[PDB]
Protein chains: 2
Amino acid sequence: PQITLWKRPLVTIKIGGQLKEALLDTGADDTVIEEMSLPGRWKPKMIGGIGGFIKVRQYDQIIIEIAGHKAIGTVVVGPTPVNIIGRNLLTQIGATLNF
Amino acid sequence: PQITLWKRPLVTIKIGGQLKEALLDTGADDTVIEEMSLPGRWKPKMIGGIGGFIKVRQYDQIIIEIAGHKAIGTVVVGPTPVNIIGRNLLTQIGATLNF
Ligand SMILES: CC(C)(C)NC(=O)[C@@H]1C[C@@H]2CCCC[C@@H]2CN1C[C@@H](O)[C@H](Cc1ccccc1)NC(=O)[C@H](CC(N)=O)NC(=O)c1ccc2ccccc2n1
Ligand SMILES: [Cl-]
């Protein structure tokens, strides 16, 4: 698909057996999901953005289906107001910015 | 151009006659620039991100070149860690996300 940016580039994802809405975010290093349980081990991390940092739990080798495209990678979980698909998974579905 | 996302999508911008580095950010509603002087009056705005909110100065109808493409629109100035080109100006340069 080609997505114009007049509005927020929101898509449906599947993660942990759950459907969620998420933002396709070229300005994010990481994939940050609102609080949910995920399988396997995790470790704590601090991630920063405008405003400062938040504490998250980092889970590795997590599969997410992103608007129909499967990708695997590290997902961090914590108190974000918006689920964001960052570059670590955007690369895996072949996403590019074009102008 | 076609910009992949293995690295941060950083480009050169020109604002106020000055060259700066900025991030092309589909996740950002607004364009946020590091402290600098800009002409005219400003109005207040609060912008929210991952760690919370920051106060910025909103300047309308600012001329800015982005990777060689001219945009004229709203920029907010404040204590951002990274200059961010958000959707308000990405649309003016005709940017799309594709996968
Ligand atoms: C810029 C503004 C207009 C305020 N918009 C936003 O911040 C919205 C807010 C939304 C609600 C909260 C959840 C995030 C979404 C998406 N974001 C956009 C989104 O693209 C945002 C833009 C950004 C990039 C760089 C630095 C700061 C801010 N990115 C991020 O928040 C990601 C989160 C992450 N760690 O992966 N940060 C970074 O990728 C990142 C990179 C370099 C940095 C250097 C110093 C300090 C912080 C740094 N953060
Ligand atoms: Cl990863």
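The sequence lines are lettered as chains in the order written, beginning with A. So for chain A, numbering is the PDB entry's, and the shown residues are 1-99, in order. Here the PDB entry sets the residue numbers for chain B, with the shown residues being 101-199 in order. Atoms considered below: every heavy atom in the structure, side chains included; atoms not considered: hydrogens, waters and symmetry mates. One-based numbering, in listed order, for ligands and for the atoms of each.
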Enquirer: Identify the macromolecule bound to ligand 1 in this structure with the most contacts, using its name in the PDB entry.
Expert: Protease
Enquirer: Could you check which drug is at ligand 1 for me?
Expert: saquinavir
Enquirer: Other chains with a heavy atom closer than 4.0 Å to saquinavir (ligand 1): which ones?
Expert: A, B
Enquirer: Under 4.0 Å from atom 12 (C) of saquinavir (ligand 1), do we find at least one protein heavy atom?
Expert: yes
Enquirer: Write out the residue and atom name of the closest protein heavy atom to atom 15 (C) of saquinavir (ligand 1), then the distance separating them to 0.1 Å.
Expert: A:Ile84 CG2, 4.0 Å
Enquirer: Does an N or O from B:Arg108, backbone or side chain, lie closer than 3.5 Å to an N or O of saquinavir (ligand 1)?
Expert: no
Enquirer: Considering only non-hydrogen protein atoms, determine which one is nearest to atom 44 (C) of saquinavir (ligand 1) and report residue, atom name and distance to 0.1 Å.
Expert: B:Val182 CG2, 4.0 Å
Enquirer: Which atoms of saquinavir (ligand 1) sit under 4.0 Å from any heavy atom of A:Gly49?
Expert: 27 (C), 31 (O), 47 (C)
Enquirer: Could you list the atoms of saquinavir (ligand 1) found under 4.0 angstrom from a heavy atom of A:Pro81?
Expert: 11 (C), 12 (C)
Enquirer: Is there at least one pair of N or O atoms, one from A:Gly48 and one from saquinavir (ligand 1), spaced under 3.5 Å apart?
Expert: yes
Enquirer: Going by the order shown, which atoms of saquinavir (ligand 1) are within less than 4.0 Å of some heavy atom of B:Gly127?
Expert: 8 (C), 16 (C), 17 (N), 18 (C)
Enquirer: Numbering the atoms of saquinavir (ligand 1) from 1, which are under 4.0 Å from a heavy atom of A:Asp25?
Expert: 16 (C), 18 (C), 19 (C), 20 (O)
Enquirer: Ignoring angles and geometry beyond distance, decide whether A:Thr80 reaches within less than 3.5 Å of saquinavir (ligand 1) through its nitrogen or oxygen atoms.
Expert: no
